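The following structure: propofol with Gamma-aminobutyric acid receptor subunit beta-2.
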Amino acid sequence: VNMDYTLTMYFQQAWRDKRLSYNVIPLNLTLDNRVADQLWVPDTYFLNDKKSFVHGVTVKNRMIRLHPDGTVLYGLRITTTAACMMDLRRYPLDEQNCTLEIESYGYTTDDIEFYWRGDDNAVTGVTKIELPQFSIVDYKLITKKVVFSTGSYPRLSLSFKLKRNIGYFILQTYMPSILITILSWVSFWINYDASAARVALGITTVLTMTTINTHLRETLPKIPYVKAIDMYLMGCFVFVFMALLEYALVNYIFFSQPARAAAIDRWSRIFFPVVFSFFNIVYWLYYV
Amino acid sequence: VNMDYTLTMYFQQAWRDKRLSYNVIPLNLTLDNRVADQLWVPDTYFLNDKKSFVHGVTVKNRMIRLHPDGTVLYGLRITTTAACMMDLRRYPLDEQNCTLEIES
Amino acid sequence: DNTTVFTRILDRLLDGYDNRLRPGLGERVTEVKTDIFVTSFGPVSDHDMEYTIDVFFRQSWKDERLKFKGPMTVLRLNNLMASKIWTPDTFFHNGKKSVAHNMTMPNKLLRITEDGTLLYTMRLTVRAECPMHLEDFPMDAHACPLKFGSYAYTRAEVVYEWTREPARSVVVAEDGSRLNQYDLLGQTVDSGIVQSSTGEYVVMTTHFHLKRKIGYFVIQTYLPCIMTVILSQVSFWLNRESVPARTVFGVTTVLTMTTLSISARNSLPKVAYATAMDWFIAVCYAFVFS
Amino acid sequence: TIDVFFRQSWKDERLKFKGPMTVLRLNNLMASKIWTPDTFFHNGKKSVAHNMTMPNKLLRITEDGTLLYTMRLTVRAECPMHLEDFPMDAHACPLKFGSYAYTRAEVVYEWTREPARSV
Amino acid sequence: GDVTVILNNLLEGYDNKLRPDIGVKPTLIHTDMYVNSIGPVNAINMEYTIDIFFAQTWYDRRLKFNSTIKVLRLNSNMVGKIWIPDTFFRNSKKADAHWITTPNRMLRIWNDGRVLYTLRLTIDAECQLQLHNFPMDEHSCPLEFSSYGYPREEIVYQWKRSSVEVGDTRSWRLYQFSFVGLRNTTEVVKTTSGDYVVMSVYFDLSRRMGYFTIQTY
Amino acid sequence: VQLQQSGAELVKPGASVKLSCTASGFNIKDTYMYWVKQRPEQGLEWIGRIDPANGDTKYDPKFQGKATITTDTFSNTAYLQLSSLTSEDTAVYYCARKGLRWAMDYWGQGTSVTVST
Amino acid sequence: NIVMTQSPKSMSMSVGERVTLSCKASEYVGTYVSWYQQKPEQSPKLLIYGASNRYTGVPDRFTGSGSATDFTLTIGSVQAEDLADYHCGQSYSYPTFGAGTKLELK
Ligand SMILES: *[C@@H]1O[C@H](CO)[C@@H](O[C@@H]2O[C@H](CO)[C@@H](O[C@@H]3O[C@H](CO[C@H]4O[C@H](CO[C@H]5O[C@H](CO)[C@@H](O)[C@H](O)[C@@H]5O[C@H]5O[C@H](CO)[C@@H](O)[C@H](O)[C@@H]5O)[C@@H](O)[C@H](O[C@H]5O[C@H](CO)[C@@H](O)[C@H](O)[C@@H]5O)[C@@H]4O)[C@@H](O)[C@H](O[C@H]4O[C@H](CO)[C@@H](O)[C@H](O)[C@@H]4O[C@H]4O[C@H](CO)[C@@H](O)[C@H](O)[C@@H]4O[C@H]4O[C@H](CO)[C@@H](O)[C@H](O)[C@@H]4O)[C@@H]3O)[C@H](O)[C@H]2NC(C)=O)[C@H](O)[C@H]1NC(C)=O
Ligand SMILES: *[C@@H]1O[C@H](CO)[C@@H](O[C@@H]2O[C@H](CO)[C@@H](O[C@@H]3O[C@H](CO)[C@@H](O)[C@H](O)[C@@H]3O)[C@H](O)[C@H]2NC(C)=O)[C@H](O)[C@H]1NC(C)=O
Ligand SMILES: *[C@@H]1O[C@H](CO)[C@@H](O[C@@H]2O[C@H](CO)[C@@H](O[C@@H]3O[C@H](CO)[C@@H](O)[C@H](O)[C@@H]3O)[C@H](O)[C@H]2NC(C)=O)[C@H](O)[C@H]1NC(C)=O
Ligand SMILES: *[C@@H]1O[C@H](CO)[C@@H](O[C@@H]2O[C@H](CO)[C@@H](O)[C@H](O)[C@H]2NC(C)=O)[C@H](O)[C@H]1NC(C)=O
Ligand SMILES: *[C@@H]1O[C@H](CO)[C@@H](O)[C@H](O)[C@H]1NC(C)=O
Ligand SMILES: *[C@@H]1O[C@H](CO)[C@@H](O)[C@H](O)[C@H]1NC(C)=O
Ligand SMILES: CC(C)c1cccc(C(C)C)c1O
């Protein structure tokens with residue numbers, strides 16, 4: 001709906017400041033985090049960030065650590081909602097690619113350089129992440145430069161590949177639709193002289209398919225293209241509408257030629273499930 | 001759904017501070033609210049409150065008033081969401097009891 | 001030792017400096033050149049009649065009190081320097097609730113050229129009003145404005161101008177489309193004067209031209225209504241003795257039309273006039289009832 | 001969600017005093033001038049340190065240099081739930097805390113009473 | 001230049017904790033409002049949104065200065081250095097000032113000590129609606145303000161002739177309602193801490209019977 | 001405040017000419033400098049513009065490759081050099097600066113070059 | 001490129017009457033249109049900058065009016081020293097000018 005994702009991380013930046021060098025004390029110095037206010041820190045920002053904060057309980061969750069040669073380690077605990085524009089044409093059988101863009105706001109490549117410390121092991125905890133609807137397939141670290149009217153700036157990119165889990169959607173939208181289509185087929189076994197019963201079956205199934213999407217459409221935003229799930233629902237509607245049209249056809253030739261009526265009834269009995277099986281095979285082969 | 005209620009109130013506390021006593025001027029001195037940051041005020045809180053704030057438009061909605069005998073009057077305009085767990089067995093024909101606890 | 005040299009340059013700059021006064025206060029109108037780089041053009045909320053936009057808002061002006069001569073020609077300073085000097089008090093006239101980003105640090109840059117020129121850019125998320133006339137919904141198009149200018153300074157003190165050619169001054173990144181049911185056709189700019197009880201003020205305007213995309217409402221509304229009408233018409237090919245069957249047909253299609261109208265009236269805000277979609281649903285209901 | 005009085009106590013021999021009182025009961029304002037631990041919750045999401053009408057904190061210094069530091073907090077914390085037995089399921093929701101910057105060689109935590117009686 | 005020495009002289013020995021004429025006579029404050037927009041009317045929470053420019057004028061003879069300059073025109077930078085009246089809105093559920101890109105505030109000081117202070121505000125104000133006759137229901141929604149800590153003996157507010165000004169009214173966010181008109185009033189309310197001058201603006205809003213027609217009738 | 005252009009020119013075809021424009025009363029870095037041309041008894045036609053603070057230049061697609069604009073920020077001058085001028089390049093060449101609302105408020109005096117024998 | 005069409009090509013106004021000169025643009029030019037006056041043997045002088053702004057020191061009889069694509073220069077009292085061509089130019093994009101409008105006197 002919001003085309004974004006929230007992530008919590010420990011974000012550590014290390015650099016060297018010869019001004020902060022000391023040769024009397026031989027041990028590393030973990031300082032009270034407030035001293036960060038009195039030190040220079042790089043003006044790192046996230047371009048696709050919409051809302052962020054450093055955690056403040058019980059104090060501001062930040063670490064400042066000096067070493068004798070002057071290297072500063074500076075850590076923040078950041079929760080950020082970053083924007084991730086998703087392509088939902090294959091939803092819910094889709095894979096997304098969500099990025100975090102780490103940039104320097106004021107300092108160009110003449111003032112500051114960015115690199116991943118470890119350069120592949122710089123990001124930990126990706127395999128220990130349990131998303132209820134997604135599975136992380138891959139993550140990538142990128143080091144590049146961007147150019148704006150004000151100069152060229154260093155940038156790091158952290159991207160995740162997200163494959164959606166379809167079990168919830170099997171239980172939410174697909175199985176009700178399959179069951180309603182089979183319920184629609186049930187009418188082919190009622191005798192064609194019974195008009196109220198077959199009309200009730202057909203009308204109920206057609207209208208239930210036409211209205212079942214309201215339950216599911218709320219989660220999605222207002223996109224102008226057909227998703228995979230909409231494709232499945234429209235196929236089920238076509239099948240149910242064709243079952244009702246078969247009933248109308250049999251009822252139109254019933255008082256004049258009941259032989260062809262029973263022939264069409266048996267043909268429908270055998271062939272509606274066959275072509276629905278073919279439709280499902282084609283659908284799940286095109287998308288899975 | 002949340003088992004709480006929102007309450008907006010003028011909350012005033014009055015005490016006596018001998019250090020802030022005067023006789024030169026016979027007036028009650030209403031001062032700019034900033035001076036509250038330089039006086040001792042009691043550490044009053046509400047135990048059953050979930051989210052609160054003092055209003056701040058156009059300035060912070062609070063009052064400090066001095067009295068020649070030393071009486072400090074200290075008011076705050078506070079909106080607080082306070083928890084109220086409800087027994088809903090007789091709902092919708094029910095009576096609820098909702099409290100605000102004021103502690104030091 | 002550049003540390004002490006540059007610290008002395010900065011302390012010389014800020015010594016005797018009064019940030020309460022604009023540059024050229026007694027003898028010159030402060031010229032502020034501005035440009036906007038939109039990094040993303042966020043979603044449009046027709047319910048709130050507002051839109052989001054993410055911008056590098058760039059301003060530039062001359063301040064002779066900050067002339068320096070040293071081993072470099074431009075100081076790329078921290079954001080904390082900006083609070084010590086005078087900056088323009090630009091605000092968005094039609095802006096509702098905008099955010100200046102502070103993560104990890106204030107998203108601001110200040111640059112001072114040796115001749116006293118100042119470049120001051122900030123990263124903002126501007127939420128702005130866009131009054132939409134939804135009479136042709138969902139085939140409507142809008143021009144969402146963004147108006148900014150000074151709050152305290154009339155035109156005799158501070159004027160605003162586009163830093164480049166007006167047609168090249170508001171630039172939208174090619175990747176920055178967070179729109180879902182709209183297309184950004186383009187932008188236009190303009191400059192003018194408003195009048196209030198406190199004087200005459202320069203106002204700078206941008207219009208972003210949006211065209212609503214119809215796919216969601218075809219998939220969700222128009223196709224169900226058309227198929228309900230077709231189902232209503234199927235009833236004419238049934239035997240005249242099937243009175244319960246055709247009664248079911250008629251009443252279920254009429255109720256389905258009512259359901260679809262009720263559910264389609266929620267995609268819109270609660271406007272007080274009828275839209276193209278409303279007229280289409282009304283005509284479909286007329287067909288089913290007929 | 002959980003609402004807690006979170007109490008910490010440590011020894012700072014720099015703060016020993018001798019006077020007519022054995023304990024100084026100071027407001028939240030004094031705790032800002034001294035060193036306090038940087039305790040955070042590991043599975044916390046977005047917590048609140050209540051400050052109405054004043055910061056709901058309390059500092060107390062005993063003459064031997066022992067500090068008691070109490071705060072009122074509202075913590076939202078992650079509880080990963082396995083819902084296979086829903087709605088007949090049971091969970092153990094965790095609340096993990098510790099120091100943000102000081103490693104085991106610098107700051108250790110302990111329960112003030114017997115562990116079974118400390119929460 | 002010379003404005004710097006004027007500003008330095010005005011703020012020397014200046015106590016912003018004391019209102020002008022603190023033990024002599026009440027401070028008289030003239031108020032103006034410009035309504036940029038009367039926002040949505042939420043009928044389930046009994047409130048309406050409104051955006052305004054709020055202007056206050058008074059006299060502070062500590063700020064009097066003799067110069068060739070007739071009026072000093074300043075931004076927010078000095079608002080916190082002089083005495084400012086503690087005006088607040090009595091029926092606001094929540095309200096906020098504007099801070100993008102800087103505090104949307106303006107100060108002006110004339111040589112006779114006259115001070116004009118303006119700021120942009122967005123207010124959610126409670127409006128108790130009597131929803132009998134809905135959807136043909138008309139209401140008067142109030143906006144009430146007064147000083148928080150200075151009673152009538154210390155601060156008095158007064159509307160100018162040209163006090164409350166609305167704009168085009170077509171770009172507003174009133175979908176279900178139409179703006180009829182407005183009036184102003186001034187009263188004295190007695191509270192637990194004294195008697196206070198209370199200013200009110202009443203906005204008349206009549207519900208539009210075009211949405212509920214299509215939706216229900 | 002003042003713009004002063006070079007004297008009239010008499011340039012045989014095929015050669016390359018260079019006209020100058022000296023500014024007095026302002027620094028050219030604080031504005032854009034435009035070069036316009038005007039054929040006798042016709043309208044104005046914009047040749048190019050330069051931003052002296054950065055050296056960035058723009059030209060009409062008509063005069064790209066024919067003309068080249070540069071600046072001297074010390075002498076406070078702008079230069080328009082017409083390298084490959086044909087015989088049809090006989091006009092008065094004006095030097096202007098960007099003004100209040102992107103208007104050309106101050107103009108030069110006009111260097112009328114001649115291309116003949 | 002934005003073409004500025006100025007009209008008419010020639011006007012002959014007797015001393016004292018009102019005159020209106022028109023300029024149109026093919027594309028949008030918001031208010032960045034300028035009106036210049038050119039007497040013979042002289043360089044253009046900025047009369048109107050933007051739409052409807054009298055440039056400092058020009059006679060108060062000249063007025064400008066404009067739109068997104070339609071602009072007019074009006075001389076309310078055509079005096080004798082207006083023996084000058086008049087030019088219209090847009091500055092919304094890279095500047096382009098009109099063809100000119102020679103004002104005569106019968
Ligand atoms: C419980 O805890 C809560 C959390 O801590 C606490 O809330 C906090 O309260 C404090 C104090 O009440 C708030 O601090 C004040 O904030 C005022 C502005 O508030 C709005 O803006 C802040 C964000 O502020 C940034 O933006 C403004 C304007 O752009 C800047 O002026 C700020 O400095 C600050 O800029 C930094 O951050 C930016 C990113 O945001 C960066 O880009 C930038 O570069 C800077 O780094 C919002 O957070 C506020 O939202 C909250 O409050 C509203 C209230 O309605 C709520 O509705 C909302 O939900 C939020 O809760 C709000 O929107 C400041 O104006 C104010 O500072 C002035 O006053 C103090 C006191 O005198 C001075 O010390 C200070 O120096 C300032 O005075 C100078 O500036 C004014 C102009 O504003 C001048 O007129 C004045 O003369 C003076 O100038 C002099 O000094 C200048 C130096 O500053 C100098 O430059 C001049 O030249 C001159 O010499 C104060 O900081 C804090 O924001 C609250 N935070 C939150 C999260 O609520 C709550 O109160 C506690 N409760 C209790 C009961 O205790
Ligand atoms: C945006 O981020 C910046 C930097 O992360 C924040 O600036 C910091 O603000 C705090 C609190 O206002 C400053 O601490 C203060 O220090 C003074 C002494 O200088 C002390 O008197 C106060 O009690 C308080 O502790 C801190 O120095 C300052 N740091 C820097 C580098 O400017 C800013 O507050 C953030 N804005 C928001 C709205 O969060
Ligand atoms: C998710 O999306 C991002 C964004 O497209 C993907 O990152 C892209 O990764 C490729 C290969 O890793 C990069 O291409 C490489 O560029 C370097 C530049 O030096 C070149 O040397 C290589 O030969 C290769 O072409 C590409 O630049 C990068 N995209 C951006 C915008 O930087 C990412 O692979 C996607 N998937 C995952 C799992 O992250
Ligand atoms: C706003 O309030 C002012 C002051 O109360 C009103 O001003 C009066 O205007 C009428 C004109 O209708 C004059 O006859 C009175 O003499 C004015 N009173 C004063 C004290 O000057 C004004 O009418 C109000 N505006 C409204 C109600 O819309
Ligand atoms: C400081 O830290 C570094 C890296 O963590 C380590 O190699 C070094 O031994 C430490 N110094 C001391 C004195 O422990
Ligand atoms: C001062 O305040 C007290 C509060 O009870 C009141 O009784 C008294 O009259 C006030 N004095 C003056 C001079 O208003
Ligand atoms: C809502 C959408 C996915 C949908 C589902 C089923 C049938 C239809 C039409 C073709 C009646 C339809 O538009």
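Below, chains carry the letters A, B, ... as their sequence lines are ordered, and counting in each starts from 1. Contacts are counted only within the shown part of the entry, which is not the complete deposit. Counting starts at 1 for both ligands and their atoms, in listed order. Every heavy atom of this structure was used, including side-chain atoms; hydrogens, water molecules and symmetry mates were not.
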Worksheet item: Which entities in the file belong to propofol, all copies counted?
Response: ligand 7
Practice prompt. Name every other chain with any non-hydrogen atom less than 4.0 Å from propofol (ligand 7).
Written response: A, C
Item to complete: Report the molecule name recorded for chain C in the deposit.
Response: Gamma-aminobutyric acid receptor subunit alpha-1
Discussion item. Any chance you can tell me which UniProt 4-aminobutanoate binders of chain A have a heavy atom closer than 4.0 Å to propofol (ligand 7)?
Written reply: none
Worksheet item: Got the closest protein heavy atom to atom 9 (C) of propofol (ligand 7), with its distance?
Response: C:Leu223 CB, 4.0 Å
Worksheet item: Should you measure from each heavy atom of C:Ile219, which atoms of propofol (ligand 7) turn up under 4.0 Å away?
Response: 1 (C), 2 (C), 12 (C), 13 (O)
Worksheet item: In terms of atom number and element, which parts of propofol (ligand 7) are under 4.0 angstrom from non-hydrogen atoms of C:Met227?
Response: 11 (C)
Worksheet item: What protein heavy atom is closest to atom 4 (C) of propofol (ligand 7), reported as residue, atom name and distance in Å?
Response: A:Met234 CG, 3.9 Å
Discussion item. Can you help me out: which of the UniProt transmembrane segments of chain A, N terminus first, have a heavy atom less than 4.0 Å from propofol (ligand 7)?
Written reply: 2, 3
Worksheet item: Based purely on interatomic distance, does C:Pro224 place a nitrogen or oxygen under 3.5 Å from a nitrogen or oxygen of propofol (ligand 7)?
Response: no
Practice prompt. Please could you name the atoms of propofol (ligand 7) that C:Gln220 approaches to less than 4.0 Å, counting only its heavy atoms?
Written response: 1 (C)
Practice prompt. Show the binding site of propofol (ligand 7) at 4.0 Å, heavy-atom contacts only.
Written response: A:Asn213, A:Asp230, A:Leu233, A:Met234, A:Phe237, C:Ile219, C:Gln220, C:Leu223, C:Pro224, C:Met227
Output block, N or O contacts of propofol (ligand 7), threshold 3.5 Å exclusive:
from, atom 1, to, atom 2, distance (Å)
propofol (ligand 7), 13 (O), C:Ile219, O, 2.8

